[PDB]
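Drug fosmidomycin bound to macromolecule 1-deoxy-D-xylulose 5-phosphate reductoisomerase.
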2 protein chains.
Amino acid sequence: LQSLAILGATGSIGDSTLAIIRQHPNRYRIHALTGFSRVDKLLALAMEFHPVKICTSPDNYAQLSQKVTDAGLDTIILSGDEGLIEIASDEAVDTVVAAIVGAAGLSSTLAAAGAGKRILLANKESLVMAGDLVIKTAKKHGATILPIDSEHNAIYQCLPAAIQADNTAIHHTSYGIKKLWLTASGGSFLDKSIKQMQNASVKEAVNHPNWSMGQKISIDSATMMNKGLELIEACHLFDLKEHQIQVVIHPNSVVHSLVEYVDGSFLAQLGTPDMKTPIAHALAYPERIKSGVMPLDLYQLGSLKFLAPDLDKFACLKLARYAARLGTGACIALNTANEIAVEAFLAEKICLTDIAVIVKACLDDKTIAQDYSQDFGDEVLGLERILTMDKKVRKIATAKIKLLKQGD
Amino acid sequence: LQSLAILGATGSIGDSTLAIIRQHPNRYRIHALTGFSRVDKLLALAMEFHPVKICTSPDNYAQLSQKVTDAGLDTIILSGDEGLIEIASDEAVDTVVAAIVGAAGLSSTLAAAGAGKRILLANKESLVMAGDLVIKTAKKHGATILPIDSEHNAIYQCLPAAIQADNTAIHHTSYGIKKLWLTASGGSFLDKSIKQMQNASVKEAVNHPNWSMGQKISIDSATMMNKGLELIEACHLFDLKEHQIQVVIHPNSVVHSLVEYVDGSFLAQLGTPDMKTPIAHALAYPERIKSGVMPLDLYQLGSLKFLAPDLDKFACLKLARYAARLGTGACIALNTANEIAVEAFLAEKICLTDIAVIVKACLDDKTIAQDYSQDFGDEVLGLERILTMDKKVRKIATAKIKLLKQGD
Ligand SMILES: NC(=O)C1=CN([C@@H]2O[C@H](COP(=O)(O)OP(=O)(O)OC[C@H]3O[C@@H](n4cnc5c(N)ncnc54)[C@H](OP(=O)(O)O)[C@@H]3O)[C@@H](O)[C@H]2O)C=CC1
Ligand SMILES: NC(=O)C1=CN([C@@H]2O[C@H](COP(=O)(O)OP(=O)(O)OC[C@H]3O[C@@H](n4cnc5c(N)ncnc54)[C@H](OP(=O)(O)O)[C@@H]3O)[C@@H](O)[C@H]2O)C=CC1
Ligand SMILES: O=CN(O)CCCP(=O)(O)O
Ligand SMILES: O=CN(O)CCCP(=O)(O)O
Ligand SMILES: [Mg+2]
Ligand SMILES: [Mg+2]
């Protein structure tokens, strides 16, 4: 039985993954499950699946160990990055589902790559932060990356077999891949003024017309930073530069992305917007399996809309492409500044529209710019340099926010 | 150089094929080209490409041989089925593009199958008439069939590698194919009353909003018999029964068909409606090549509409599925009665809406029904039995038309 370790098991992507597993018992073994703050949920999950290991936050280590023994479970409890890395590199784990949010997922994804694991990547921030190093390390050590991100899974499904195996084949012109097309819902402020976007409450920003997701990706969807990060993710996943990857607004969230070929064929994946489809595809690959989604009814669709991105209004997407052109240092600055600004938005400290301001200022910061030319792709010193650069951006983005609330 | 024989070179599909060839001269050799009534066009094509053989109609044999020698060309002239069969089975021919319209294309397609050729099938009537025999014969003799028909080429592009090679693999549930979805423009009378459909002139029926095609497929598009024939073609091509193949109206002619998988993924081919895309894909397979189409601009699409087929209004599609369920005898009756009724419509003898009447009456005819149980799939006597049954249907459909213009 394919052995599974699920990182970020307590969150949104955690839920859909687990929902597939419950439809397919005796196909997968659950070896490990991780959470951070939701101890009780993690416990509940441990009692249900009886995993060999689980990992929680350092502040919940003791408490969770006590509850686990009180429940009479044989399960090992771990904590912090330490435990994630152990689980990600664990010898008895066949497949790792990387669904931790944000930079926090970086070390363990990198560890699964280092251990030659089959990796199901939801955690898009870890490739924005360290794409060169992640991919290099995977190839070096024989790890496989299947994308879980909906768009990237669509693109992956719509690419030839040879290129799924080896992303570099995309540059052989026989295959005739011309460009990739990323679809974006345009989030909940697509048909709203800039005025209403400033005034947005958190409830308005966090809720999405078509998708039910984690908090952060919800805010990113509203600002369109999500597509920005997806732009960089696609770059590393399919070994392209930003010029080969374009973006179309599509509010229905039915078409999930396209690959354009030289003969004029656009191969696309369509589906009801539900992460169980991409997750199910990646779990069973090369096979397929029922996912438990309510399949798309083509008779009841109506009009699928398409539209050019309004880049004044969704400057995050502008900035993301700008950063993609500058390389990894600027992609770290993009991502981390974004994490800090989103935290500030959710904490009712800035306006939704200030997220773009903060992120520009950090991209255009001289102190940050100085780091834009290091070897973040170095297999021995690269990690240390990404984590250091991350700390610096957190410091400056925070300062930037303080400054903005008065004047610069 | 891949050697090419083009059957139906003077027609619509002929034009697009040839237009690709002119963009790729150092890639294919033109070995043979065929036409029927357009002698001068065929001659013009012979002077341009200098083919080894050409074939025309029996009544133009002499005339065309005279003009060919007067032009100083070394090209052999052939005529009738005789010549088509010679060309289709010619030892120096690598690939055959079957783009003759109607049952007329049957013997030569069957001959290319019998000779183990790579075959690019536009000619959908020959598989409606003799699908069992064609496919059996191809597999027996090692012929390859790539679909040129737009919908089938879309479906083919959206299917896994293993199944492209071997259509039978589709029944292995690992691949998780659930059903196929055929898109239909709904022709030029989609948003018009039944009254206006009766009164339709030939000019109204023959012209199509999105496609420029031969006369017959144009009338079939207007009545939706085209999708009916496409339904049966898909059945034999991808080895399914009609229940696994469904139909959606899509007036924009951008999405050209879909394959639905068990996880909820719909893989689809999108493109501007232009047969150079499917033709180019089939010619270069497994590679790809520029086709000379103006590629789809996603920014300028607007609304892609989808809708259930109105089956009272497009009874041909009802009748086609009915025939598909009854098997080959009834598919011959469907197709041939359709040929005869379309000729009658174009000759200003029946109303557009009478095409469905005629075709039902022939499907429900006792004299025809008696033949619905023969072995039209027999490798030694099957052909004779299809051609005989064809002659009978032509006779009865004609009578049916005479009767209808007075009363039954
Ligand atoms: N539909 C979706 O939700 C989609 C999500 N993604 C991506 O998948 C990833 C997960 O997103 P999503 O599930 O929405 O987010 P959630 O906020 O719902 O889930 C986050 C998960 O990671 C854990 N986590 C949070 N902070 C830390 C930390 N500092 N250290 C270790 N673990 C932590 C959480 O634990 P706890 O909650 O127990 O504190 C939870 O298990 C993201 O990278 C997102 O961009 C991609 C496409 C679609
Ligand atoms: N876009 C399109 O046009 C599409 C076409 N198809 C299919 O492709 C095939 C060709 O259609 P299309 O190109 O539109 O039709 P056309 O009417 O343009 O062309 C028909 C071709 O076959 C020849 N032909 C006609 N009658 C006979 C006969 N009795 N014996 C031998 N040859 C004959 C014609 O020669 P001549 O003209 O010199 O008489 C011509 O070369 C059809 O099977 C159609 O269903 C499928 C999808 C799209
Ligand atoms: O993979 C799924 N998502 O990233 C959710 C997409 C929301 P968006 O279209 O507004 O980026
Ligand atoms: O392959 C191309 N065609 O069959 C032309 C399609 C016209 P329709 O959608 O009305 O059948
Ligand atoms: Mg996504
Ligand atoms: Mg067609």
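Chain letters: A, B, ..., in sequence-line order. We number chain A the way the PDB entry does; in order, the residues shown are 5-412. Heads up, chain B uses the PDB entry numbers, so what you see runs 5-412. We count ligands from 1, going down the list as the structure has it; atoms in each ligand are counted the same way. These numbers come from the heavy atoms of this one structure, side chains and all, not from hydrogens, waters or symmetry mates.
Here, the model contains fosmidomycin as ligands 3 and 4.
Other chains having non-hydrogen atoms less than 4.0 Å from fosmidomycin (ligand 3): A. Site of fosmidomycin (ligand 3) with heavy atoms closer than 4.0 Å: A:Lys128, A:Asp153, A:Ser154, A:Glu155, A:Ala188, A:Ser189, A:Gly191, A:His212, A:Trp215, A:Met217, A:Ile221, A:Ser225, A:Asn230, A:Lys231, A:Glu234, A:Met279. Here is the list of fosmidomycin (ligand 3) atoms found below 4.0 Å of a heavy atom in A:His212: 10 (O). The A:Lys231 neighbourhood of fosmidomycin (ligand 3) comprises atoms 8 (P), 9 (O), 11 (O), with distances under 4.0 Å to a heavy atom of that residue. The ligand atoms of fosmidomycin (ligand 3) that sit less than 4.0 angstrom from a heavy atom of A:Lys128 are 4 (O).
Listed by atom number, the atoms of fosmidomycin (ligand 3) under 4.0 Å from A:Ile221 heavy atoms are 4 (O).
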